[PDB]
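Below is one structure; the comments refer to it alone.
Labels below follow one simple rule: chain letters A, B, ... track the order of the sequence lines, proteins then strands, and each chain is numbered from 1. Heavy-atom basis, side chains included; hydrogens, waters and symmetry copies ignored. Both counts, for ligands and for their atoms, begin at 1 and track the order of listing.
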Amino acid sequence: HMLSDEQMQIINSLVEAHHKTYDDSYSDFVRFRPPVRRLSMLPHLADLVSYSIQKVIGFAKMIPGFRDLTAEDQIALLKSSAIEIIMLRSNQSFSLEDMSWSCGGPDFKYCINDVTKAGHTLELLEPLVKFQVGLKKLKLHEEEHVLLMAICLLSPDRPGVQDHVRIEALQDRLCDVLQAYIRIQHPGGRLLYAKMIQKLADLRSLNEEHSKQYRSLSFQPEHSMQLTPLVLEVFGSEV
Amino acid sequence: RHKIXXXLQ
Ligand SMILES: C=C1/C(=C\C=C2/CCC[C@]3(C)[C@@H]([C@H](C)CCCC(C)(C)O)CC[C@@H]23)C[C@@H](O)C[C@@H]1O
């Protein structure tokens, strides 16, 4: 078999959508508040996350058929999934030789001790590194990484989603585009789809832990004041 | 006050 003219247009669009929303140069990073080596890294990492939340919103709008759900469904899927997409998209900067995200600048290389200086503990960070090293080891193609993000975003089993029936449909349409792609275009990926679905379930566990840890950070005015309006709105409890 | 999330529009 092969991919259909319609599934490939999904692939091309998702890929260009990721190309437009993910700057390989990382040059927008100097416009963030600097990184500093309690919670010296919070302003810089809050800035970094707030930026990539904006990118993920841009990615979503270009996912085939996202632009056609209720604006409320769009926001519910974006709020609940943003932190998982960010963890996903970030694999692109995680080098395994360094066990950090090196972002085109030594001021922008984030080791685990950096993220502790932004409020988080190993109960989150160590499962998170293991996720990224497991995901990097899967040596995904670009279309798989990008398909995996769109499938992650289009989960209908998140708090707030209304038209579950339809979100289910479009996510299923991408699961099958992906599954076809791996069968047809990836030599030696006879099990790879299943490895990717497990990575989605990983993401939920870390989302849970981040949420738990974020809530603790965001309930102290000392630290919430260092976040951004976009971060507070998205990772926040307000319905 | 006022959701950033119409950065949908
Ligand atoms: C973002 C992206 C990048 C790295 C993601 C990282 C590295 C630093 C530490 C991060 C940001 C984790 C932190 C636990 C996030 C904490 C957020 C907060 C402190 C506000 O609760 C989550 C993802 C990790 C760089 C580039 O990949 C853009 C991408 O998009």
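In this entry, more contacts with ligand 1 come from one chain than from any other, and UniProt calls that chain Vitamin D3 receptor A.
For ligand 1, the correct pick from cytarabine triphosphate, tofogliflozin, calcitriol is calcitriol. Going by heavy atoms, the other chains that come closer than 4.0 Å to calcitriol (ligand 1) are A. Taking every non-hydrogen atom of A:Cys103 and a distance limit under 4.0 Å, the qualifying atoms of calcitriol (ligand 1) come out as 25 (C). The source species given by the entry for chain A is Danio rerio. Counting the atoms of calcitriol (ligand 1) from 1 in the order shown, those under 4.0 Å from a heavy atom of A:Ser93 are 25 (C), 26 (C), 27 (O). Heavy atoms of A:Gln213 found under 4.0 angstrom from calcitriol (ligand 1): none, in either backbone or side chain. The closest approach between A:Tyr22 and calcitriol (ligand 1) falls below 4.0 Å for a heavy atom of the residue.
Atom numbering of calcitriol (ligand 1) starts at 1 in the shown order; those under 4.0 Å from a heavy atom of A:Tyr214 are 21 (O). On a distance-only criterion, A:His210 and calcitriol (ligand 1) share at least one N/O pair closer than 3.5 Å.
Per UniProt's calcitriol-binding annotation of chain A, a non-hydrogen atom lies under 4.0 Å from calcitriol (ligand 1) in A:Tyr22, A:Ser52, A:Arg89, A:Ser93, A:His120, A:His210.
Residues of chain A near calcitriol (ligand 1) cluster mainly in UniProt domain NR LBD. For atom 2 (C) of calcitriol (ligand 1), the nearest non-hydrogen atom from the set A:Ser216, A:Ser102, A:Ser90 belongs to A:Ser90. The binding site of calcitriol (ligand 1) (heavy atoms under 4.0 Å) is made of A:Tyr22, A:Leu42, A:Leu45, A:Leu48, A:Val49, A:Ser52, A:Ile86, A:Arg89, A:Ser90, A:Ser93, A:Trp101, A:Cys103, A:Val115, A:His120, A:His210, A:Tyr214.
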